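Here is a PDB entry that includes sulfatinib.
In this chain, residues are counted from 1 in sequence order. Scope of the values below: all heavy atoms of this structure, side chains included, with no hydrogens, waters or symmetry mates. Each ligand, and each atom within it, is numbered from 1 in the order the structure gives.
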Amino acid sequence: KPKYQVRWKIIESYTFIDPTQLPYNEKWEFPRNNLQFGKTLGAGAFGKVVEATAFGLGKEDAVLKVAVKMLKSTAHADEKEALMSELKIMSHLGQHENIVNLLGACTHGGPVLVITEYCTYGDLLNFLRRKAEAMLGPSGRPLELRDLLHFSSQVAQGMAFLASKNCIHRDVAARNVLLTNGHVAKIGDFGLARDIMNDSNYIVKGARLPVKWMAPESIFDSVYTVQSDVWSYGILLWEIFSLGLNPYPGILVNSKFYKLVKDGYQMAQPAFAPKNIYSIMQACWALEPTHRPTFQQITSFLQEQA
Ligand SMILES: Cc1cc2cc(Oc3ccnc(Nc4cccc(CS(=O)(=O)NCCN(C)C)c4)n3)ccc2[nH]1
């Protein structure tokens with residue numbers, strides 16, 4: 001039996017902020033009657049994300065497509081509190097080009113609605129898989145290596161922003177990266193729109209955990225830091241440069257798997273990774289967390305390669 005819990009954490013000193021104690025800045029408030037909902041984009045056991053037209057949003061009074069996060073009508077008070085905490089974290093962090101940004105919220109007069117940017121091309125994992133199939137078909141445009149480097153660089157920039165705000169993501173993976181206009185990548189947390197209870201990428205342990213993405217110190221000691229996010233980012237790189245294979249393909253998560261990772265087992269070079277991109281992956285998988293690259297080092301390196 002899983003609970004709906006706040007994914008991201010903010011470091012205080014590791015001491016973490018209690019997000020329930022953060023303030024909600026009413027500058028974000030938007031009238032719920034000024035949303036016209038469209039299709040549901042995804043739904044899980046606790047809520048869903050629905051596209052909508054927002055009328056008069058922002059300083060320019062834009063009329064635009066947005067995405068709206070919401071809980072099920074039957075949500076417990078504990079879950080409504082978690083959605084508010086997620087809202088407060090987004091307001092605390094500020095905006096960046098390579099994250100899925102907060103645009104507004106509806107907190108009065110009904111259930112809490114969190115309004116974010118809408119990303120026209122959906123998640124990166126499905127995008128890469130569908131593009132791979134489109135490219136094999138002949139036997140819109142095809143992917144090239146520079147596209148993969150751009151996606152990778154853009155995610156690293158968004159993560160460098162989060163790290164600069166002392167924010168830990170804890171579920172870095174291609175399924176949590178979206179592509180927007182111009183195929184620009186943005187990192188976010190879309191667990192609410194994901195069917196996690198029936199998702200083979202989350203393993204029951206202790207909690208449903210994305211074990212194949214997790215650093216050994218997270219698996220064994222439940223330690224989460226920016227450096228454990230860097231490990232997960234290395235797994236994301238492997239996803240990108242394999243065009244969306246599952247990590248550790250074909251390997252069952254069991255005691256042997258946990259031991260192998262703790263002892264230094266690493267995936268082999270993906271089919272489309274240049275040697276030095278695989279070397280970055282290996283660097284992200286250093287067993288000593290402080291030996292891993294920073295997101296700024298990753299960003300600068302990948303920007304150069306692109
Ligand atoms: C794996 C997954 C991540 C995820 C994130 C979600 O929250 C968000 C948040 C912001 N944006 C979007 N944009 C968005 C999400 C899913 C589908 C689409 C439309 S599409 O499939 O890429 N192209 C349209 C296809 N049809 C019209 C032909 C956009 N999802 C919503 C559902 C999600 N599913």
task = List the macromolecule sharing the largest contact count with sulfatinib (ligand 1), named according to the PDB entry.
result = Macrophage colony-stimulating factor 1 receptor
inquiry  = Going by the closest heavy atom to atom 13 (N) of sulfatinib (ligand 1), which one wins out of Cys119, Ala193, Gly42, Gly44?
reply    = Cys119
message = How far is atom 9 (C) of sulfatinib (ligand 1) from the closest protein heavy atom, and which atom is that?
response = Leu178 CD1, 3.5 Å
query = Which one holds for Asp123 and sulfatinib (ligand 1): side chain close, backbone close, both close, or neither close, with close meaning a heavy atom under 4.0 Å?
reply = side chain
key: Under-4.0 Å heavy-atom contact with sulfatinib (ligand 1), by part of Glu117 that carries it   = backbone
inquiry  = Does any N or O of sulfatinib (ligand 1) fall below 3.5 Å from an N or O anywhere on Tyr121, backbone included?
reply    = yes
ask   = Which of the ATP-binding residues UniProt records for chain A come closer than 4.0 Å to sulfatinib (ligand 1), counting heavy atoms only?
value = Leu41, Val49
message = Return the closest protein heavy atom for atom 19 (C) of sulfatinib (ligand 1) as residue, atom name and distance.
response = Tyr118 OH, 3.5 Å
task = Give the single entry among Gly122, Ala173, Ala43 that approaches atom 15 (C) of sulfatinib (ligand 1) most closely by any heavy atom.
result = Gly122
task = Map the residues of chain A touching sulfatinib (ligand 1) onto UniProt domains and name the domain holding most of them.
result = Protein kinase
request  = Could you list the atoms of sulfatinib (ligand 1) found under 4.0 angstrom from a heavy atom of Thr120?
outcome  = 19 (C), 20 (S), 22 (O), 23 (N)
task = List the UniProt active-site residue of chain A that sits nearest sulfatinib (ligand 1), with the heavy-atom separation to 1 Å.
result = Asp171, 10 Å
inquiry  = So, at a heavy-atom cut-off of 4.0 Å, what does the binding site of sulfatinib (ligand 1) look like in terms of residues?
reply    = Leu41, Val49, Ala67, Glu117, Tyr118, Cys119, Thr120, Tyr121, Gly122, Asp123, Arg175, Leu178, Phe190, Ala193
Would you tabulate the polar-atom pairs, meaning N/O of sulfatinib (ligand 1) against N/O of the protein, with distances under 3.5 Å, reported to 0.1 Å?
{"unit_1": "sulfatinib (ligand 1)", "atom_1": "11 (N)", "unit_2": "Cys119", "atom_2": "N", "d": "2.9"}
{"unit_1": "sulfatinib (ligand 1)", "atom_1": "13 (N)", "unit_2": "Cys119", "atom_2": "O", "d": "2.8"}
{"unit_1": "sulfatinib (ligand 1)", "atom_1": "22 (O)", "unit_2": "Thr120", "atom_2": "O", "d": "3.4"}
{"unit_1": "sulfatinib (ligand 1)", "atom_1": "22 (O)", "unit_2": "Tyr121", "atom_2": "O", "d": "2.8"}
{"unit_1": "sulfatinib (ligand 1)", "atom_1": "22 (O)", "unit_2": "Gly122", "atom_2": "N", "d": "2.9"}

